[PDB]
Amino acid sequence: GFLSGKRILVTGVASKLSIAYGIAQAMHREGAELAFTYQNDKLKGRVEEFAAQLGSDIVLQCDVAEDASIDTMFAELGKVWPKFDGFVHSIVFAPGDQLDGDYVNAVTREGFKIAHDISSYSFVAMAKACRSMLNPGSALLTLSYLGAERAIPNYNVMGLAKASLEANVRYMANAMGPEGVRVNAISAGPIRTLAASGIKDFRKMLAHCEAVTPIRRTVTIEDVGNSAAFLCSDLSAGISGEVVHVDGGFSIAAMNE
Amino acid sequence: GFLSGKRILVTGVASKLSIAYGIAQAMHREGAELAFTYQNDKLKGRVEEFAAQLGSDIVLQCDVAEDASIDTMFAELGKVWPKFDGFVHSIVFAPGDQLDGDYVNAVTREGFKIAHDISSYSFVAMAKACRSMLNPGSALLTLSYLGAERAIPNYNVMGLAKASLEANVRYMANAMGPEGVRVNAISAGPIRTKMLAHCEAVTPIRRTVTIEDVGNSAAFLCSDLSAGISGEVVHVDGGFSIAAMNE
Ligand SMILES: NC(=O)c1ccc[n+]([C@@H]2O[C@H](COP(=O)([O-])OP(=O)(O)OC[C@H]3O[C@@H](n4cnc5c(N)ncnc54)[C@H](O)[C@@H]3O)[C@@H](O)[C@H]2O)c1
Ligand SMILES: NC(=O)c1ccc[n+]([C@@H]2O[C@H](COP(=O)([O-])OP(=O)(O)OC[C@H]3O[C@@H](n4cnc5c(N)ncnc54)[C@H](O)[C@@H]3O)[C@@H](O)[C@H]2O)c1
Ligand SMILES: Oc1cc(Cl)ccc1Oc1ccc(Cl)cc1Cl
Ligand SMILES: Oc1cc(Cl)ccc1Oc1ccc(Cl)cc1Cl
């Protein structure tokens, strides 16, 4: 595949319906050697299995809320991959009481701090911890959403965190580019992942988008996965600090209702 | 004055060079009645002096780092302004070590947390604490910078904080619009006294903007003259951001 010879670390894989899994599947299909991380011991076994099916036995624990955990994970990784070619950041979180109802009413200093720390800072925290391990030609990738660019009901503070995240992509790309590292993000359209399928009316939402999306269907973890593979491969050597919309063209249209 | 009949709260006055100072002077010139906040004991005197020079005697303490400080401030303001028409959020901060050198090397979890908390969260924090005090037709304004949209050397984490803030503007505008409240931001170009005189040469209007320029745009955005504008980030940088390679 177009990722042959590349070693990529993938986070956020906590289910087969997750975007990180879709991305892993595609990179593996393209010949990349993978390594996975898991948030806590509770997901340890379950993740070692997903990894097994992708030709990998490299499964490390890492809570991005702790600088120590990040440093330890990369140290462990260094034992097998003293050098690798980038990672996929598919991590996000905000307390549940933050993502529902009026934004100004729901947001709190704490909810805000956590959302930005876990959803945005973690991306650069990981980069700092493995910077010396990256090979020239490496590529970092994170996942965003239209909420970073527009006010969307219920997304609330996650919208600010994602806006921070996209800016992070640009500052990271600008700082790491000179050493041969690219940094990009994919703003994905709504997908029914394990986590996503948990929020109320997500079924009806996907239905709404299909009707107003140019390609007339919601994107799949397969679609996102293929674009991710591309963005982490040398085929995208000319792209960096970019937020690629993989939402079927939904954001570039208006009032198709 | 296109601001007569309006009562606005102005934060961030630290000196006569503060953008908030140029803003306050503009609004006063346009007939707005003003109220001021000062961060700490250090700046209290300067603010009282200027508040007085603008016919105001409403000078309250407020450190947006603490929820209690914000509630207390609005509690005091309510004694003289049971209701008002908006406020100018001109507050920003990040530990110094954050704004120098390579971004990836300079940023730290703590520096990131502080920059976002003080520079972005505080804006909605203030809106939360005075929501029921806002009259229909009220307007909120904050200040941002191009660093939010482009990667600018040394600006580092403040760029992410400002990106967060601009998104805050959009979410606040969408949330509060139903109650008759508009929320906007001005992305100001760098104001003359990280040396420049460079932008002053590649900027369309061929000069950097002044706190007077920013002040007038601010007055407008908090006046009924901009009733049709909300959730918008207006670039008041002389057109610098919309040009490329003028060098
Ligand atoms: N689902 C969608 O419709 C959609 C749309 C646009 C963008 N995205 C983005 O895609 C990414 C993946 O989300 P998803 O839909 O696949 O849900 P997901 O539940 O499958 O994965 C999210 C991951 O975040 C990880 N995580 C949270 N806190 C962590 C921590 N402290 N340390 C380490 N890991 C932590 C989780 O464990 C989990 O694996 C996110 O960035 C998300 O916002 C999703
Ligand atoms: N100066 C420029 O060229 C320029 C360009 C673009 C945007 N801005 C923005 O304009 C705004 C004002 O900056 P300025 O140039 O007038 O500098 P300034 O030093 O005059 O004012 C900044 C203010 O922030 C206040 N502040 C900081 N932490 C606080 C806290 N915890 N609680 C309450 N107040 C706090 C300060 O006390 C101070 O008054 C900012 O948002 C800033 O980033 C400035
Ligand atoms: O960013 C997202 C955007 C969409 Cl449309 C659907 C799911 C998303 O991802 C999340 C957002 C907030 C939390 Cl708490 C957890 C997750 Cl998985
Ligand atoms: O945002 C700004 C943009 C420019 Cl061009 C110049 C000054 C700015 O304002 C600040 C940025 C960071 C810290 Cl710590 C304090 C301040 Cl007053």
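Lettering of chains follows the sequences in order, A, B, ..., and the numbering in each one begins at 1. Computed over heavy atoms, backbone and side chain alike; hydrogens, waters and symmetry mates excluded. In each ligand, atom 1 is the first atom listed, and ligand 1 is the first ligand listed.
- In the deposited model, the macromolecule with the most close contacts to ligand 3 is named by UniProt as Enoyl-[acyl-carrier-protein] reductase [NADH] FabI.
- Out of lamotrigine, triclosan, anagrelide, what sits at ligand 3 is triclosan.
- The chains other than those of the drug that have a heavy atom under 4.0 Å from triclosan (ligand 3) are A.
- Heavy atoms under 4.0 Å from triclosan (ligand 3) belong to A:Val92, A:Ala94, A:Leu99, A:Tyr145, A:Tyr155, A:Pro190, A:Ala195.
- The protein heavy atom nearest to atom 12 (C) of triclosan (ligand 3) is A:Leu99 CD1, 3.5 Å.
- Counting protein heavy atoms only, atom 15 (C) of triclosan (ligand 3) is closest to A:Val92 CG1, 3.9 Å.
- Remark: atom 10 (C) of triclosan (ligand 3) lies closer than 4.0 Å to at least one protein heavy atom.
- In summary, the atoms of triclosan (ligand 3) found under 4.0 Å from a heavy atom of A:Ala94, numbered by their order in the structure, are 14 (Cl).
- Of the residues that UniProt lists as binding NAD(+) in chain A, those with a heavy atom under 4.0 Å from triclosan (ligand 3) are the following: A:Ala195.
- Among all non-hydrogen protein atoms, the one lying nearest atom 17 (Cl) of triclosan (ligand 3) is A:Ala195 CB, 3.5 Å.
- For atom 2 (C) of triclosan (ligand 3), the closest non-hydrogen atom of the protein is A:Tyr155 OH, 3.5 Å.
- Restricting to residues UniProt lists as binding substrate in chain A, the heavy-atom distances under 4.0 Å from triclosan (ligand 3) involve A:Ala94.
- In chain A, the UniProt-annotated active-site residue lying closest to triclosan (ligand 3), with its least heavy-atom distance, is A:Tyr155, 3 Å.
- Of the protein's non-hydrogen atoms, the one nearest atom 7 (C) of triclosan (ligand 3) is A:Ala196 CB, 4.3 Å.
- The PDB entry lists the organism for chain A as Escherichia coli.
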